[PDB]
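Chain lettering follows the listing: the opening sequence line is A, and each later line takes the next letter. Residues 1-99, in that order, are what chain A shows, numbered as in the PDB entry. By the PDB entry numbering, chain B shows 1-99, in order. In each ligand, atom 1 is the first atom listed, and ligand 1 is the first ligand listed.
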Protein chains: 2
Amino acid sequence: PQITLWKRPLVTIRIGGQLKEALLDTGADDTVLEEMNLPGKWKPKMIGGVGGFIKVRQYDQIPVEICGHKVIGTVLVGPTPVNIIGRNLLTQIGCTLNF
Amino acid sequence: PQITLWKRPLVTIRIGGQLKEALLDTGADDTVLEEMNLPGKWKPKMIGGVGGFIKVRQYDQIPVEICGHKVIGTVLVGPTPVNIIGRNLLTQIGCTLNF
Ligand SMILES: CC(C)CN(C[C@@H](O)[C@H](Cc1ccccc1)NC(=O)O[C@H]1CO[C@H]2OCC[C@H]21)S(=O)(=O)c1ccc(N)cc1
């Protein structure tokens, strides 16, 4: 689709078997999801935004479905206030910004 | 133009007479710039991101030059780690996400 920005650009994703709403976020390097119990190997990481840093669990090579696009990559899990789809996955769905 | 997301979508803006680099940020409701002087009336606001909230100066009706496009809207100034162009101004340049 072509998504305008008058409202937040929210999409449905599926990850670890669960459906979620997430924000398509060109300002995010990495995808970051709210706290959930994902199985798999992970390593700790700190990410910085407005307000400072959060500790996240970094899971590599995770399958995610985003509006019908089946992708595989890194997902960070921790205390973000909103589920965010970052550039690492935006590039896999072929997302561009146009003006 | 159409901007891919392999790299951060960084652009040159002009605000208050000065050239700056900024991030085109679809996950930001609002435009937030690093501490700077700016003429005009302002009022204090809190804005919230990953890590918590920061206190900013809200200036309304500020002209911003973005990639050759002159727009006018709200600019928040404060201790953000990066200059971020949010939807309030992305909409003014006709920006969309496409995939
Ligand atoms: C500040 C950016 C350089 C990076 N941020 C992404 C950004 O799009 C967040 C994404 C975001 C969105 C909502 C809540 C938290 C974070 N937006 C944000 O801080 O916007 C603020 C300014 O306008 C307001 O509207 C939304 C919050 C305010 S970030 O969330 O901190 C972030 C940082 C690193 C990664 N990997 C993923 C996300």
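- The name recorded for the drug at ligand 1 is darunavir.
- Ranked by contacts, the chain bound most extensively to darunavir (ligand 1) is, in the PDB entry, HIV-1 Protease.
- Within the structure, the other chains placing a heavy atom under 4.0 Å from darunavir (ligand 1) are, by letter, A, B.
- For darunavir (ligand 1), the residues with heavy atoms nearer than 4.0 Å are A:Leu23, A:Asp25, A:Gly27, A:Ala28, A:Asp30, A:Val32, A:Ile47, A:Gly48, A:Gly49, A:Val50, A:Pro81, A:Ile84, B:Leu23, B:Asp25, B:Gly27, B:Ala28, B:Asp29, B:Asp30, B:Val32, B:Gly48, B:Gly49, B:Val50, B:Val82.
- Geometrically, darunavir (ligand 1) and B:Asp25 share a nitrogen or oxygen pair separated by less than 3.5 Å.
- Shortest contact from atom 33 (C) of darunavir (ligand 1) to any protein heavy atom: A:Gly48 O, 3.7 Å.
- Close approach to B:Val82 involves these atoms of darunavir (ligand 1), each under 4.0 Å from a residue heavy atom: 3 (C).
- Heavy-atom contacts of A:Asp30 reach the following atoms of darunavir (ligand 1): 35 (C), 36 (N), 37 (C) (cutoff under 4.0 Å).
- Atoms of darunavir (ligand 1) found under 4.0 Å from any heavy atom of A:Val32 (numbered from 1 in listed order, with element): 35 (C), 36 (N), 37 (C).
- Per the entry, the source species of chain B is Hiv-1 m:b_arv2/sf2.
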